[PDB]
Chemist: 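Mind looking over this structure? Questions follow.
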Amino acid sequence: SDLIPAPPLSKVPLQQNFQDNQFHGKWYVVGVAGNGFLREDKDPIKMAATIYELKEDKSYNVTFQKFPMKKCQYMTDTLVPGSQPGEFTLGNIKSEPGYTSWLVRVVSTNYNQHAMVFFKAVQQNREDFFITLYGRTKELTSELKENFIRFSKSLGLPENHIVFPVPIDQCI
Ligand SMILES: COc1cc2c(c(OC)c1OC)-c1ccc(OC)c(=O)cc1[C@@H](NC(C)=O)CC2
């Protein structure tokens, strides 16, 4: 299509010894890169924080601001553990107009500062993928943001498909 193809999974690193208990909580969206994310300097965006909640069954609740981030509205999905720690499927629980599931792979995190997470659509004829740069604070370092840009570019994403929203706590 118009879109840059998704990488094979083997090109997406997996965070080693992923600790679900240490990943839970609030994560600001500090960066988002994907074939369907488009930097428009004329239309900057702000994004509310994502909440990852670990449950008894080791799945998460995930509460996140909805795409394409025009009116701030939260949504909640289930993050079902996959083939191993760090990996999940994010499923739309009800069949609705815009519908796909995503494979979710935590690429790297140190739990208390940053995380980088890869999302790939499991729908047959969808190249759709994106990478989220999360921070525990609204601000991350230049080195951490350049590492996210380089990772994103290594999967073929142009720099104008890499967006840095203004992180906020809540919808307004
Ligand atoms: C847990 O966090 C996120 C999870 C997803 C999305 C997203 O970006 C707003 C997130 O925040 C970083 C998401 C992303 C891109 C999409 O297409 C470009 C889409 O159609 C759809 C989405 C999401 N669906 C909706 C309705 O927002 C599902 C996956």
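The PDB entry numbering applies to chain A: residues 5-176, in that order. The basis for the numbers below is simple: all heavy atoms, side chains too, and nothing from hydrogens, waters or symmetry mates. Whatever order the structure lists them in is the order used to number ligands and atoms, beginning at 1.
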Chemist: Report the name of the drug modeled at ligand 1.
Modeler: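 PDB records call it colchicine.
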Chemist: At the binding site of colchicine, which chain contributes the most contacts (name from the PDB entry)?
Modeler: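 The chief partner is Neutrophil gelatinase-associated lipocalin.
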Chemist: At a 4.0 Å heavy-atom threshold, which residues contact colchicine?
Modeler: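 Heavy-atom neighbours of colchicine: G40, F41, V66, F68, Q69, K70, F71, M73, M79, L94, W106, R130, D132, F134, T136, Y138.
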Chemist: Help me out: which organism is listed for chain A in the entry?
Modeler: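 The PDB entry says Homo sapiens.
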Chemist: Measure the distance from atom 28 (C) of colchicine to every protein heavy atom, then report the residue, atom name and distance (to 0.1 Å) of the closest one.
Modeler: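 Sorting protein heavy atoms by distance from atom 28 (C) of colchicine puts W106 NE1, 3.7 Å first.
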Chemist: Going by the order shown, which atoms of colchicine are within less than 4.0 Å of some heavy atom of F41?
Modeler: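 Once the distances to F41 are compared, the set is 8 (O), 14 (C), 15 (C).
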Chemist: Could you tell me, atom by atom, which parts of colchicine come under 4.0 Å of a heavy atom of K70?
Modeler: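 Per the distance check, 26 (C), 27 (O).
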Chemist: Can you find an N/O atom of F71 closer than 3.5 Å to an N/O atom of colchicine?
Modeler: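 Such a contact does occur with colchicine.
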Chemist: Against heavy atoms of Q69, which atoms of colchicine measure under 4.0 Å?
Modeler: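 Reading through colchicine atom by atom, the close ones are 9 (C).
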Chemist: Among all protein heavy atoms, pick out the one at the shortest distance from atom 10 (C) of colchicine; state its residue, atom name and that distance to 0.1 Å.
Modeler: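 Ranked first by proximity to atom 10 (C) of colchicine is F68 CD1, 3.9 Å.
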Chemist: Write out the residue and atom name of the closest protein heavy atom to atom 7 (C) of colchicine, then the distance separating them to 0.1 Å.
Modeler: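 For atom 7 (C) of colchicine, the nearest protein heavy atom comes out as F134 CZ, 3.7 Å.
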Chemist: Could you tell me the residue and atom name of the protein heavy atom closest to atom 12 (C) of colchicine, and the distance to it rounded to 0.1 Å?
Modeler: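 Protein heavy atom with the smallest distance to atom 12 (C) of colchicine: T136 OG1, 3.4 Å.
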Chemist: Which of the atoms in colchicine, numbered in the order shown and given with their element, are less than 4.0 Å from a heavy-atom of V66?
Modeler: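 Listed by number with element: 1 (C).
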